[PDB]
Amino acid sequence: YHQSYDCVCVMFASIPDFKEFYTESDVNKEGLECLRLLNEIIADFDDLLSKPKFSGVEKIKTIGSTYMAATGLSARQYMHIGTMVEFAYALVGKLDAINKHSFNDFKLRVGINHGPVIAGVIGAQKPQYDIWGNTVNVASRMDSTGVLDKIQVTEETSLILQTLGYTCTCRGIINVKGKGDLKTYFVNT
Amino acid sequence: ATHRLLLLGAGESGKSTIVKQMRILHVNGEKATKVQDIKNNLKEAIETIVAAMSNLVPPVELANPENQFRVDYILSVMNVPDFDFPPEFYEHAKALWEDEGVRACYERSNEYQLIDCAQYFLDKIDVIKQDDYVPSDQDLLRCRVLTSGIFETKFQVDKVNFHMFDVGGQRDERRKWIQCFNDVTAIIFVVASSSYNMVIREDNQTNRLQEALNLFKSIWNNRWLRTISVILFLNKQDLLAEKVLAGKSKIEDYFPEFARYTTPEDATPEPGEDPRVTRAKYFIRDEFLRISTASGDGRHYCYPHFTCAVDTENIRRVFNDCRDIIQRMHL
Amino acid sequence: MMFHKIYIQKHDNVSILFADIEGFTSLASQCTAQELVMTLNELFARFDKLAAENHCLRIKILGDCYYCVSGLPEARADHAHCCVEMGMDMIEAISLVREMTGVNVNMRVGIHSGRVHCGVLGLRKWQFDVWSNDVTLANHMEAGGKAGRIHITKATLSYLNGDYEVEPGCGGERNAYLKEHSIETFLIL
Ligand SMILES: Nc1nc2c(ncn2[C@@H]2O[C@H](COP(=O)(O)OP(=O)(O)OP(O)(O)=S)[C@@H](O)[C@H]2O)c(=O)[nH]1
Ligand SMILES: C=C[C@@]1(C)CC(=O)[C@]2(O)[C@@]3(C)[C@@H](O)CCC(C)(C)[C@@H]3[C@H](O)[C@H](OC(C)=O)[C@@]2(C)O1
Ligand SMILES: Nc1ncnc2c1ncn2[C@@H]1CC[C@H](COP(=O)(O)OP(=O)(O)OP(=O)(O)O)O1
Ligand SMILES: [Cl-]
Ligand SMILES: [Mg+2]
Ligand SMILES: [Mg+2]
Ligand SMILES: [Mg+2]
């Protein structure tokens, strides 16, 4: 069965610099070694879910080297949006530790939005939980048009974050493919 | 049995030279392509010294105003794409290399970026200039060419295979090392002991030996090398002694802690080794031992070796000692 | 050990097919989140069925992006024909979904053949995925595809043994990646 929700906070956090780092050679076993490092990265991110403060976070899937998660699938009334941002900071703490041991400079680029979504499975093969909707499309656009080391949020999302005590900055007005002109913000660290 | 060895260390420590010894010792048309590389070292050495003369503080002056014209020459061809290397070049170079000023500037070469094979190639210009010139084994050892990317080298010592991996030691290169961490028999960390009075190329401020120490700590305490042992090569042992005995650049002026240091009891000096030298080389080793002592007990160890990579004779000795460590420990 | 165990395995002689809806962000804007997930499901259910008949193994579904590879898990020298047959059926399937629904759906089919790494990543929420330069190419063949037809590389044509009629694709002029990598494309009839 497919359930409908009203307020869900979706998130996409990419590592743009990976695609370049990945190369297929005989020394690195046709690129297997590069995938071994991603497996370490994605694994470090995953164990944050075991922390008590992140019990409300749901890892949906992993697109490439992009980590997709969402909060509010279990339902200070809007705290779930503020929490997703807290998780964004945590992924940076983890990605930075990976940098310290692999002598790299990988930086995270985040995009968060919120709204109505549709949860459930799809197709005829495997029981894979996924969330759909415009809310999810925009979150992904908030990540693809973002800046490294920044959490880009939509306008509506900016309001809610401010109420919870967060500060924001106006990225400007950019044309998002398919959606038109949206005004976006950048959460202040 | 097969062993996979990875060479780690900062830029110019002596990694690529160690692989050239494995070829000379256990592996062995191309020798003619290295000529072009050797001539480049020569060109880069002369121009770097000359160009540095006016920038030092205080500026060093030529002893023969005649050479001022030759100075003008070297510079006019500094960044020329493909230099044909005419007979004039070698002449100008040689005259400059004999000028006391150019020599005084060379003595203070630790204050600007200069290649290690400088004094060696400049001393044999009359040999490299010939058209019938054939590079010696020692010539290839000294020749310098930056390493970029990863390189594998397979060899054999008494029907036992060894895969050697050579990587770039410069900051930007380090990011590829990770690709070899998994399934490594042991690590060979190389250090430029003689580089205590120099600075790295990347920023022109961080002390070279300190960059080595920090890098070692980063490798020793790495989360993916928790059980991999490290064979430490305190390379450039020849230049360390020459520097210590010359007394121009004092070791305690860079690393203050030296003043409160005495040679250890278990110290085994070389026959005919100066007390000053002994005390110096063991000091540098102890710095790296202080790091390896504090962590990863029993899981992995560190084995120090005094090394001079361009001494085909010395490398046989210490590599056979390594072959011992590897087999004796079941690695 | 020191590196988390990695459940990945290399595989040569495989075909990777990618499909994507054109203007999906635009579509999710017009109709209700419910109807969208329903029309999107009507399509994927049929695809998943066709995947079994054509000897293809479906990988994931990222919004409107659908991908499956032939020649896995068990090696199949018939591979490249499976993906072509898959896309063939896919196109008709989309035609009927557009027919009974009344929704403007169109898709781009991109196929390529080469080696592929496969397995899973991380610790939580595992989903069988594939990675490799060749996989990256199949994806770009879809982006650089032509709406309604089947875009394939020369590598794939060499595994077809001359059974399908094609025409000059011109993928180099529709996608920067295919040009910069000197890829010769073709369109099936
Ligand atoms: N005198 C002397 N010169 C040495 C010694 N070891 C290396 N050299 C010289 O130092 C130079 C640099 O050594 P090299 O091995 O090329 O550095 P590297 O560590 O490989 O450098 P990289 O490729 O990471 S950037 C070479 O000219 C080499 O001959 C040594 O023990 N004594
Ligand atoms: C991990 C590296 C590399 C190169 C491996 C690879 O083939 C990919 O994972 C594919 C193509 C591939 O896994 C198929 C799915 C999808 C989602 C299309 C991937 C992304 O485009 C990845 O890039 C991004 C941007 O994450 C990419 C290209 O990344
Ligand atoms: N559940 C999901 N999982 C993963 N990615 C998703 C999911 N839902 C949506 N997406 C994403 C983010 C936006 C993307 C669909 O838009 P896409 O980038 O394909 O553009 P588009 O369909 O508007 O146009 P086009 O494909 O023609 O360029 O798919
Ligand atoms: Cl060094
Ligand atoms: Mg080198
Ligand atoms: Mg689309
Ligand atoms: Mg898409």
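Per chain, numbering begins at 1; letters A, B, ... match sequence-line order. FYI, side chains are in, hydrogens and waters are out, and symmetry mates aren't considered; it's all heavy atoms of this structure. All ligand and atom numbering here is 1-based and tracks the order in the structure.
Most heavy-atom contacts to ligand 2: the chain UniProt names Adenylate cyclase type 5. Present at ligand 2 is the drug forskolin.
With heavy atoms closer than 4.0 Å, the chains neighbouring forskolin read A, C. The binding site of forskolin (heavy atoms under 4.0 Å) is made of A/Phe18, A/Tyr22, A/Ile63, A/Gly64, A/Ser65, C/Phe18, C/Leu62, C/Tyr67, C/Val130, C/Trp131, C/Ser132, C/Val135, C/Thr136, C/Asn139. It turns out that no other ligands or ions are under 4.0 Å from forskolin.
UniProt assigns most of the residues of chain C contacting forskolin to the domain Guanylate cyclase 1. The deposited model's entry lists chain A under the name adenylate cyclase, type II.
Looking at the model, one finds no covalent bond between forskolin and a chain.
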